[PDB]
J.: 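The structure is given below, and queries will be raised subsequently.
Index from 1, following the sequence. Any value given below was found using the heavy atoms of this structure, including those in side chains, with hydrogens, waters and symmetry copies removed. When a ligand or atom number is given, it counts from 1 through the structure's own listing order.
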Amino acid sequence: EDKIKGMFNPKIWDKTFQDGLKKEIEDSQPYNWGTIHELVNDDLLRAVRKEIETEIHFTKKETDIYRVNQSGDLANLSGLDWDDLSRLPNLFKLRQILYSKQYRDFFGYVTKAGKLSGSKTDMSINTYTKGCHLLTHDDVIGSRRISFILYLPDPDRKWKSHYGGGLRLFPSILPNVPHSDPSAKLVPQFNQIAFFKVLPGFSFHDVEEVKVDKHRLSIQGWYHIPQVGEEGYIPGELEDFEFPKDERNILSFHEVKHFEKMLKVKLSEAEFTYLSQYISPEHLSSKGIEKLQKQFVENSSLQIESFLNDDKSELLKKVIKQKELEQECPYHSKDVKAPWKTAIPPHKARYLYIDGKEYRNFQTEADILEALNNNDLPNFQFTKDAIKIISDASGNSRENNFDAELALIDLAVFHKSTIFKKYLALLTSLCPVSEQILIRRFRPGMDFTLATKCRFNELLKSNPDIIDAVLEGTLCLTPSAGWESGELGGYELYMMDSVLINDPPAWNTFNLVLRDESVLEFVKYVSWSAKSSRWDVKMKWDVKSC
Ligand SMILES: O=C(O)CNC(=O)c1nc(Cl)c2ccccc2c1O
Ligand SMILES: [Mn+2]
């Protein structure tokens, strides 16, 4: 058609504009990308927005990595059928011009992408409303070659930075290892397009949570590698960088023999006394133990309420609330200080944790390689010792004290005790043979994990006595309200590869799950709107049957 070029801003046909844009994309950071303002005929795009509002039904969908209002799921009668746009003539026209030979020649030229398919049209229409988000990903799927997003928020009002919903780009520490924190954030406006060549290991981006009751509407899509022969196209013409590691340390022979001897309520008065320092009387009585045992036999899981006793519940709630209220939480990995670490990389997870290992702050490749050449083991008492020194020098003020960290480490030490593992073996009739304990904090608007399976200990795979499962515990210490609906996120989700557990954050609960090879788990992204972080203690053990 003669009219296709005239449906765009005439600047994109100007050689001088094209060459300048090609150079800007070439020299962009943190990987090659670009943006064009006022792309399309304003009346056309306005007409498209009206059609969308009028004709398209959006359906909220939530997974580990996103919450979005989609229109594309053809498992909904509601699902948008791109083969039938009878009532969206202007949308039909928009797709036609974006995949035109004319536009593709311009666009492939400035992005240095090579040939682009005109027939492989690939678009979807979505809105992000309050709490909606999409976490870090690189778009690498199939024949996708260039990613684009055309923004259609209200054309007569400015989208503002504090609304959220920014497009964020993440720089590379090394290939397939994006930095945890983004280095650029685009605030989208009507008739702006953002785009980038899809680059395995590099083109990491996300959609910042929408923080207000506004509708962030977009059309997002891809240009693909052409079909074979299309316009003459001829084909052909990392676990190491994850922290913390999903690894456990084997227990001493002293411990393991204790558990065996017991399994072949046999705890002593002194052991019950020790347990009663932390655990509520309810769960140490003969009746309570029997109930928990029966529950674990039937479900291969426990969900305990009011796990810790009142003394320790009161202490931990106090110091955690004080820290929430009176201290400045770091919101960039560079600002995080001992004893905390940031989980990396961000296309897998982001949260703060205490593991008892020497301090690490991963800003460069050198930082990571140094850790990989010098593996060290957890030691929580040394971590405590280190905190005291830091703490004395500064002065232990309301603003800088480590009261929460010290109380939490004391709790970790309890769960590390031989006697606690004996109680665990009693509840489960399983013998722990390894352990990993982590204290975790999931900050509002930053932190999450994605759905993953347990990681078997490879060295133990051939041991017949060791169960093909990982026993996993979670002690939640989240003192704030408003979580019950799941709307603020932070819920612990266990599901089969159908949901086994879906528990929003709560105060003083203990979940215990025997995971076989296929069970998936994650902690959902915590909304910016949450009233505190999710705080918990995570425990994992290899087990043998005795
Ligand atoms: O909207 C934006 O600024 C960035 N959006 C995305 O990167 C994005 N990426 C993918 Cl892979 C999908 C995929 C499906 C639906 C929406 C998506 C999306 O908004
Ligand atoms: Mn994307």
J.: Which partner chain accounts for the most atom contacts with ligand 1, named as in the PDB entry?
T.: PKHD-type hydroxylase TPA1
J.: Mind telling me which of S-warfarin, FG-2216, BMS-387032 is the drug at ligand 1?
T.: FG-2216
J.: Could you help me figure out which residues touch FG-2216 (ligand 1) at a heavy-atom cut-off of 4.0 Å?
T.: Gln70, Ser124, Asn126, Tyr128, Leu134, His137, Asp139, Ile149, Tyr151, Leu167, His205, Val207, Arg216, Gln220, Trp222
J.: Polar-atom distance check: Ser218 versus FG-2216 (ligand 1), any N or O pair below 3.5 Å?
T.: no
J.: Which UniProt domain of chain A holds most of the residues in contact with FG-2216 (ligand 1)?
T.: Fe2OG dioxygenase
J.: Does an N or O anywhere in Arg216 fall below 3.5 Å from an N or O of FG-2216 (ligand 1)?
T.: yes
J.: Do any N/O atoms on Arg144 end up under 3.5 angstrom from N/O atoms on FG-2216 (ligand 1)?
T.: no
J.: Tell me: protein heavy atom nearest atom 19 (O) of FG-2216 (ligand 1), and distance?
T.: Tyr128 OH, 2.8 Å
J.: Considering only heavy atoms, which residues of chain A annotated by UniProt as 2-oxoglutarate-binding lie under 4.0 Å from FG-2216 (ligand 1)?
T.: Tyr151, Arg216
J.: Starting from atom 9 (N) of FG-2216 (ligand 1), what is the nearest protein heavy atom, named by residue and atom, and what distance separates them?
T.: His137 NE2, 3.1 Å
J.: Against heavy atoms of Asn126, which atoms of FG-2216 (ligand 1) measure under 4.0 Å?
T.: 15 (C), 16 (C)
J.: Taking only heavy atoms of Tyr151 into account, list the atoms of FG-2216 (ligand 1) that are under 4.0 Å away from them.
T.: 2 (C), 3 (O)
J.: Which atoms from FG-2216 (ligand 1) have a heavy atom of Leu167 less than 4.0 Å away?
T.: 3 (O), 4 (C)
J.: Identify every other ligand or ion with an atom closer than 4.0 Å to FG-2216 (ligand 1).
T.: ligand 2 (manganese (II) ion)
J.: So which protein heavy atom does atom 5 (N) of FG-2216 (ligand 1) come closest to, and at what separation?
T.: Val207 CG2, 3.5 Å
J.: Looking only at N/O atoms, are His205 and FG-2216 (ligand 1) under 3.5 Å apart anywhere?
T.: yes
J.: Nearest protein heavy-atom contact for atom 8 (C) of FG-2216 (ligand 1): which residue, which atom, what distance?
T.: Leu134 CD2, 3.3 Å
J.: Number the atoms of FG-2216 (ligand 1) from 1 as they appear, then name those within less than 4.0 Å of a heavy atom of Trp222, with their elements.
T.: 11 (Cl)
J.: Which protein non-hydrogen atom lies closest to atom 11 (Cl) of FG-2216 (ligand 1), naming both residue and atom, and how far is it?
T.: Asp139 OD1, 3.1 Å
J.: Using 4.0 Å as the heavy-atom cut-off, which UniProt Fe cation-binding residues of chain A are near FG-2216 (ligand 1)?
T.: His137, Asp139, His205
J.: For atom 14 (C) of FG-2216 (ligand 1), what's the nearest protein heavy atom and its distance?
T.: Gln220 NE2, 3.7 Å
